[PDB]
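Below, chain A is the first sequence line, B the second, and so on; all start at residue 1. Per the header: X-ray crystallography, 2.5 Å. Read the numbers this way: they start at 1 and go in the same order the structure lists the ligands and their atoms. All heavy atoms count here, side chains included; hydrogens, waters and symmetry mates do not.
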Amino acid sequence: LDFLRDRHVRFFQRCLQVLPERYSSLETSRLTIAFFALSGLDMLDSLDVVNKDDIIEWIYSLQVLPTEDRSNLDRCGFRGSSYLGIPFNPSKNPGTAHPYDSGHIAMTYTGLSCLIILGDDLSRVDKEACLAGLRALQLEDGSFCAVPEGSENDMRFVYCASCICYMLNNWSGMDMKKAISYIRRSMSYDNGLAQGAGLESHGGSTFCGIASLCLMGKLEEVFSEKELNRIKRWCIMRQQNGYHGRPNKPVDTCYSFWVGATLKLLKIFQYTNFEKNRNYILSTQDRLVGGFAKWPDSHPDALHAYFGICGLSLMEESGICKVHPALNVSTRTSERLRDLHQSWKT
Amino acid sequence: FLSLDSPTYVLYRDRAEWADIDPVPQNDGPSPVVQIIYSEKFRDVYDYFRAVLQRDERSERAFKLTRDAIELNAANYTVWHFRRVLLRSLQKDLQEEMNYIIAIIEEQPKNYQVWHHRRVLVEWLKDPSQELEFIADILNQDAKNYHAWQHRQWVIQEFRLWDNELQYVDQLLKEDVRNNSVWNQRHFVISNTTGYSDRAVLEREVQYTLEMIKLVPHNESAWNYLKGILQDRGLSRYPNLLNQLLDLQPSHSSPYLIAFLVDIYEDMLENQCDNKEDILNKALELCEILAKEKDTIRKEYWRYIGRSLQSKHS
Ligand SMILES: N#Cc1ccc(Cn2cncc2CN2CCN(c3cccc(Cl)c3)C(=O)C2)cc1
Ligand SMILES: [Zn+2]
């Protein structure tokens with residue numbers, strides 16, 4: 001029907017407030033929920049309804065800073081929350097040593113991302129420590145893990161690594177040649193990109209691969225024109241009305257961004273059917289509580305609310321800022337990031 | 001031991017065996033963001049979990065505490081890591097842990113942490129004997145579970161268990177020829193065993209796919225496989241294919257077939273074929289058929305492809 005803008009603003013506001021225990025599984029990734037909410041409000045031009053200062057302090061309390069003896073550099077970055085019980089410290093004093101305290105790549109990414117959205121200048125971010133932490137996460141095959149203690153490794157984290165290097169405007173955080181190699185090896189026989197070599201190509205991993213290359217400014221250099229044409233074909237074939245993540249799977253609102261953003265980066269989103277996509281996204285809108293679900297008449301969540309809005313943004317919805325398809329923040333935010341980078345180079 | 005919903009469950013703060021430990025609370029500071037409220041029981045388990053973690057206590061009681069922490073929140077990766085540290089320190093029976101994780105995964109098949117945990121265990125035991133059957137069970141409740149297929153490919157590759165996968169793939173394609181995950185598996189098996197350079201294999205596969213396409217002509221997965229195993233060899237290098245497809249157009253038509261033809265014609269133009277201007281027109285005619293009536297949702301795309309062909313071959 002129509003875009004329930006006000007309701008979504010309230011939805012995101014509630015996400016930043018207090019949640020029922022039924023959401024406990026989000027504990028270690030509260031920072032990404034904050035990101036969906038803040039970046040979502042930013043996208044709707046309503047960051048004024050939140051106290052940017054309080055939130056900035058909270059985010060900084062999540063940074064894993066190097067200890068006095070700097071013997072934990074390989075573990076720096078940001079935590080998803082304070083579940084470890086480390087005493088509140090908004091990146092003021094040094095780092096309180098702890099056997100199992102370290103950053104999580106997706107949190108370092110959404111964390112830095114949130115700081116920029118809120119207006120902070122990243123002066124309290126130990127840039128070198130984060131980059132050291134990032135380097136430690138990369139594997140021999142070029143992909144990344146999420147934490148130094150070990151985890152699964154795939155395209156999702158390659159994207160996080162790329163975003164971090166881009167935001168800190170320093171690529172010493174990764175061995176770019178090896179990352180590119182990983183991205184190439186993930187291309188499937190059907191031409192989409194998978195999470196890793198041999199796996200089923202997917203809309204999410206294709207976005208991560210393509211966006212990473214664009215952030216590195218090496219899209220053209222890595223894939224030939226023929227290859228890019230094949231990838232474009234695979235991506236545009238994902239539209240049914242809304243978009244699905246892989247052949248023969250039902251559509252899900254978030255793919256309007258995962259795939260749509262990829263198509264935008266490949267410069268052919270303009271050739272997709274806007275109306276059917278918009279109609280589908282809006283049909284997953286929760287008219288009562290706000291936010292978007294993956295399917296109509298389904299429960300909404302922060303992730304699908306944010307990506308649904310970004311999907312709408314791709315077609316320039318009346319009332320929604322333009323989204324930077326590769327960085328996943330508002331263009332307004334990417335512009336502010338540009339200034340920040342300029343100001344540092346002095 | 002003592003279940004979280006047992007009538008006789010006792011908070012850790014009331015257990016004698018935990019008297020010496022001072023619980024460590026979580027503090028989100030002055031103004032918390034995205035704060036989750038916890039029940040007494042929940043906060044109690046984690047207040048002691050933090051205590052044990054902070055002191056890196058490699059004890060048996062800590063090991064049992066992780067079982068409760070996991071029941072409360074299986075997505076906490078730190079808990080799983082610590083449990084692995086304890087499994088080693090206490091030299092626990094890993095065969096028993098396999099039973100544990102096997103049950104956990106069945107209840108939460110989409111959780112990244114539980115699949116990672118199982119993979120570490122299998123690496124430790126160097127025993128993949130249970131894997132293929134376990135995965136087949138999970139795939140039985142969700143034949144497209146990305147985590148299951150990923151784990152299956154890892155096991156097969158790591159312990160070279162290729163012997164029966166192609167047969168497993170054939171079985172699943174009969175159950176649902178539209179499962180894109182299975183078609184991917186098929187290419188995974190073949191390209192990692194015989195490869196496709198063996199003309200006898202390529203022929204067997206192309207023939208197999210055409211048979212599947214005839215059964216269900218509107219199936220992107222089957223068409224993607226067919227084009228996938230031939231595109232790098234050169235679609236135009238297979239004259240009988242072009243005609244066999246043109247013979248399907250009458251009845252077994254679909255946008256996938258039309259698209260395939262356009263791609264064949266494009267390969268021809270790319271290799272300075274005979275009747276360049278005639279071929280180009282055959283392609284353009286199809287692009288417009290796709291845009292105007294066969295794949296209308298991609299109307300603007302196909303027309304864009306058309307314009308691309310003209311400006312490149314004229
Ligand atoms: N990529 C991808 C992907 C994987 C699975 C899905 C399936 N899916 C559909 N609706 C929700 C989901 C689950 N996703 C959200 C994206 N994501 C992610 C993406 C990028 C970075 C990071 Cl840290 C995390 C995940 O780990 C899990 C969708 C997209
Ligand atoms: Zn989704």
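- The compound at ligand 1, a drug or drug candidate, is named L-778123.
- In this complex, the main macromolecule engaging L-778123, as named in UniProt, is Geranylgeranyl transferase type-1 subunit beta.
- Other chains near L-778123 (heavy atoms under 4.0 Å), by letter: A, B.
- As deposited, the model links L-778123 by no covalent bond to any chain.
- Nearest to atom 2 (C) of L-778123 by heavy atom, out of A/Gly204, A/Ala146, A/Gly209, is A/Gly204.
- The PDB entry designates chain B as Protein farnesyltransferase/geranylgeranyltransferase type I alpha subunit.
- Each of the following atoms of L-778123 lies closer than 4.0 Å to a heavy atom of A/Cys160: 23 (Cl).
- Among the atoms of A/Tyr159, none of the N or O lies under 3.5 angstrom from an N or O of L-778123.
- As stated in the entry, the source of chain A is Rattus norvegicus.
- Less than 4.0 Å from L-778123 sit the following other ligands and ions: ligand 2 (zinc ion).
- Contacts with L-778123 closer than 4.0 Å are made by no heavy atom of A/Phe144, backbone or side chain.
- Against a heavy-atom cut-off of under 4.0 Å, A/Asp252 is close to the following atoms of L-778123: 9 (C), 10 (N).
- Not one N or O of A/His202 is nearer than 3.5 Å to an N or O of L-778123, by distance alone.
- In this comparison of A/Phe257, A/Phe157, A/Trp258, the heavy atom closest to atom 20 (C) of L-778123 sits on A/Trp258.
- Within a heavy-atom distance under 4.0 Å, L-778123 reaches the following UniProt geranylgeranyl diphosphate-binding residues of chain A: A/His202, A/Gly204, A/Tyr255, A/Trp258.
- At a heavy-atom distance under 4.0 Å, only side-chain atoms of A/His304, from C-beta outward, approach L-778123.
- Residue contact check: A/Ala106 has heavy atoms under 4.0 Å from atoms 23 (Cl) of L-778123.
- Scanning the protein heavy atoms around atom 14 (N) of L-778123, the nearest turns out to be A/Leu303 CD1, 4.8 Å.
- Neither the backbone nor the side chain of A/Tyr109 comes within contact range of L-778123; no heavy atom lies under 4.0 Å.
- The Zn(2+)-binding residues of chain A named by UniProt that have a heavy atom under 4.0 Å from L-778123 are exactly: A/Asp252, A/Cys254, A/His304.
- With non-hydrogen distances under 4.0 Å, the site around L-778123 consists of A/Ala106, A/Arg156, A/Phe157, A/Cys160, A/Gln195, A/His202, A/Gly204, A/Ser205, A/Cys208, A/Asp252, A/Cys254, A/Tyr255, A/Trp258, A/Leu303, A/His304, B/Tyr112.
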